[PDB]
J.: 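Structure provided below as structure tokens; questions to follow.
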Amino acid sequence: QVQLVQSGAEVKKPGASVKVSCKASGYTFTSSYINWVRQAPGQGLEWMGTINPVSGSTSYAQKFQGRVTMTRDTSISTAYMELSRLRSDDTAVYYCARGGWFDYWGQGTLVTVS
Amino acid sequence: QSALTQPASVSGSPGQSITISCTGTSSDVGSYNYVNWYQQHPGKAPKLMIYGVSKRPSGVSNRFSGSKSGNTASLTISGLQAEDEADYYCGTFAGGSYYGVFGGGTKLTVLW
Amino acid sequence: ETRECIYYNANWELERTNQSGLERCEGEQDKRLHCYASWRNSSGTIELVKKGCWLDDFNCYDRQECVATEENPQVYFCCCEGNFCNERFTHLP
């Protein structure tokens, strides 16, 4: 079946950077987008942005413009989300999801900024 | 980027029908069949229940249906069951020319 | 409806795929399929990046022509519906 598997929980100091990985399997990675979403403790889902793995083109949510980088490595079917200049309130569970409909979601990655 | 508004919570009894609303405007919900619904159980990842306003993916129970009237998209859950207790988010298609947005979510309680 | 697309992969060596041909679209049955074309246009000359099948994308619905709309990107990308629709591609300045 279609599956997105993310990298494990990470603990970061404020001001640092975090890179979350998203490994796609059970489908052609370059046949759809990868979306990134986050959810702060007890809060709602927040869109972060989309990457097109064919072109490498990205679109970021206004909130993260200037401190988020989305990349991919098509040789290993892996999408990456890097969030810079980490703040205490970036503590959240970060998700990757497949295509524009977010039809399959990764298990989530807890990033604690302490 | 336009905000989507959902009620904070909805409660229902087993067997009852519940409708969760997602309100936008004529330039978003009123113009595009791109509203989707996600179920999120406590401590779990979201799951796609309905996409494109009314389309149900295979694997999703037929008790879940979606519709639109004016600028409000609605998720309806028929024959409410204990496992429906979760947070529900509406959202719009994200990619290419479309900027992603999620509603604030709705906590659905099933009172036993 | 879209079952087959023109296939191309410039990065075929690292991705361990064929360079060209026809790609049969893997459809989950409950979703639309499309074709896509991707290329670089560094001052008039076209350097083809990839061509293939593209999954259910609202941007592509009922589009018979593969037209890239992103203004001045590094890489152009378009999608379309219909068998081999990515045979022809262009960008909208």
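Chain letters: A, B, ..., in sequence-line order. Following the PDB entry, chain A residues are numbered 1-114, in order. Residue numbering for chain B follows the PDB entry; the residues present correspond to positions 1-112, in that order. All residue numbers given for chain C refer to the PDB entry; the residues shown span 25-117 in order.
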J.: Mind checking which chain chains A and B touches most? I'd like its name from UniProt.
T.: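 Most contacts go to Activin receptor type-2B.
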J.: Out of interest, what does the PDB call the drug at chains A and B?
T.: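 That drug is bimagrumab.
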J.: What organism is listed under source for chain C in the PDB header?
T.: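 According to the deposit, it's Homo sapiens.
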J.: Counting only non-hydrogen atoms closer than 4.5 Å, does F101(C) touch chain A (bimagrumab) with its backbone (N, CA, C, O), its side chain (CB onward), both, or neither?
T.: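 Contact with chain A (bimagrumab): side chain only.
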J.: With only heavy atoms counted, which part of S77(A) is less than 4.5 Å from chain C, the side chain, the backbone, both or neither?
T.: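 For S77(A), there is no contact with chain C at all, as no heavy atom is under 4.5 Å.
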J.: I'm looking at chain C here. Which chain of bimagrumab (chains A and B) has the most heavy-atom pairs with it under 4.5 Å?
T.: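 It is chain A, with the most heavy-atom pairs.
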J.: Pick from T30(A), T28(A), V54(A): which one has the most heavy-atom pairs with chain C under 4.5 Å?
T.: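 Between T30(A), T28(A), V54(A), the count favours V54(A).
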J.: Against chain A (bimagrumab), label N83(C) side chain, backbone, both or neither, depending on which of its atoms sit under 4.5 Å from a heavy atom there.
T.: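 Interface part for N83(C): side chain.
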J.: Please state whether the side chain, the backbone, both or neither of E37(C) comes within less than 4.5 Å of a heavy atom of chain A (bimagrumab).
T.: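 For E37(C), no heavy atom lies under 4.5 Å from chain A (bimagrumab).
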J.: Which residues belong to the epitope on chain C for bimagrumab (chains A and B), heavy-atom distance under 4.5 Å?
T.: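 Judged by heavy atoms, it is made of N35(C), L38(C), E39(C), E52(C), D54(C), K55(C), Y60(C), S62(C), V73(C), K74(C), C77(C), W78(C), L79(C), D80(C), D81(C), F82(C), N83(C), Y85(C), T93(C), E94(C), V99(C), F101(C).
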J.: List the residues of bimagrumab (chains A and B) that form the paratope for chain C, using heavy atoms under 4.5 Å.
T.: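 Heavy-atom contacts come from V2(A), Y27(A), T30(A), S31(A), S32(A), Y33(A), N52(A), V54(A), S55(A), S57(A), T74(A), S75(A), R98(A), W101(A), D103(A), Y104(A), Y32(B), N33(B), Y34(B), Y51(B), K55(B), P57(B), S58(B), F93(B), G95(B), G96(B), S97(B), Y98(B).
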